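Co-structure: cefotaxime and Beta-lactamase CTX-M-14.
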Amino acid sequence: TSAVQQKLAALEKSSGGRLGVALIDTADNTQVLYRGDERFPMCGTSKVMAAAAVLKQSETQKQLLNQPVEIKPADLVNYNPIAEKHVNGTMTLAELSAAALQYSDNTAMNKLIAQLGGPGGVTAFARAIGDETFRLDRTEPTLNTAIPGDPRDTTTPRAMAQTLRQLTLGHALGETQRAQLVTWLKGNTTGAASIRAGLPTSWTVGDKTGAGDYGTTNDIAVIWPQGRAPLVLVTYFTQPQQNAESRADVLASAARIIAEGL
Ligand SMILES: CO/N=C(\C(=O)N[C@@H]1C(=O)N2C(C(=O)O)=C(COC(C)=O)CS[C@H]12)c1csc(N)n1
């Protein structure tokens, strides 16, 4: 183990939970992993895969993002900050993607999942871009149950870091679609206390958070440091008590550790 991994282990010990980290440094294509091949509940970080899958569809259906989708009262779930403003109205697939990614709207995520034919359609897209680990099994809100040991709606930090790299810096998506995803991630509103809080303020960051039961608190980010090659960082955290409070500070701390030297 390296000093980085040792610091992450110490953070984990003090936190009382289980911490998973994967950093990809595109400068030399190296990876730093902590519990990198253990499965963790994704919660809302899975919204990146769903939005990306719809972007992929739009590469051959060029008007798809503009397609209005009906929002019915019965569609609302447990957290619908944007969709609730469109009950008995519509949101386009672009608007649903922005809401799911930038506000972590759960109704918006369910519409993306439906557009893909269900959770299996999101998983199928993951497989198509070379992610053999990701699995989406449920819709919102049950995909965030985060039960210890439950393989449903999980991935590993290594796999999610590799996929996030391919989606944003690589070419799993077409050029316009890649840029659109990056724009959405950069404009996220929910990440100020997570990875962003542990990085220098001059660094540009795009991220997607997630949260669930068992105090599950997650963040995945693409990072552009000042005058250096970009990084991808996944920080997953989950706890023993079903009713544990969120711990965004732990993600900020992991980011602070990872940033040393970069
Ligand atoms: C059964 O589902 N339980 C959830 C849940 O809906 N998580 C989802 C997820 O991931 N989300 C994020 C997210 O991206 O972190 C926030 C972010 O919240 C805010 C106010 O920005 C809004 S809720 C949504 C849950 C358990 S604890 C918590 N906050 N949510």
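Chain A is numbered as in the PDB entry; shown residues: 26-57, 59-238, 240-252, 254-290, in order. We count ligands from 1, going down the list as the structure has it; atoms in each ligand are counted the same way. Every heavy atom of this structure was used, including side-chain atoms; hydrogens, water molecules and symmetry mates were not. Determination method: X-ray crystallography, 1.5 Å.
At a heavy-atom cutoff of 4.0 Å, cefotaxime is contacted by no atom of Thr215, backbone or side chain. Among the atoms of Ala237, some N or O lies under 3.5 angstrom from an N or O of cefotaxime.
Cefotaxime has an N or O atom lying under 3.5 Å from an N or O atom of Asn104, backbone or side chain. When each atom of cefotaxime is checked for a heavy atom of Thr216 under 4.0 Å away, the hits are 21 (O). Short contacts between cefotaxime and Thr235, defined as distances under 4.0 Å to a heavy atom of the residue, involve ligand atoms 13 (C), 14 (O), 15 (O). Per-residue contacts place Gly70 under 4.0 angstrom from the following atoms of cefotaxime (heavy atoms of the residue considered): 9 (C), 10 (O). If you number the atoms of cefotaxime from 1 as listed, the ones under 4.0 Å from a heavy atom of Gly236 come out as 10 (O), 13 (C), 14 (O), 15 (O).
Per-residue contacts place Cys69 under 4.0 angstrom from the following atoms of cefotaxime (heavy atoms of the residue considered): 10 (O). Source organism of chain A, per the entry: Klebsiella pneumoniae subsp. pneumoniae.
For the pair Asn170 and cefotaxime, the shortest N or O to N or O distance falls below 3.5 Å. Interface atoms of cefotaxime facing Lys234, defined by a heavy-atom separation under 4.0 Å, are 14 (O). Within the 4.0 Å heavy-atom cutoff, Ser274 does not count among the residues contacting cefotaxime. Near cefotaxime, within 4.0 Å on a heavy-atom basis, the structure shows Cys69, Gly70, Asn104, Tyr105, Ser130, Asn132, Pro167, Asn170, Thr216, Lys234, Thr235, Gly236, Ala237, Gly238.
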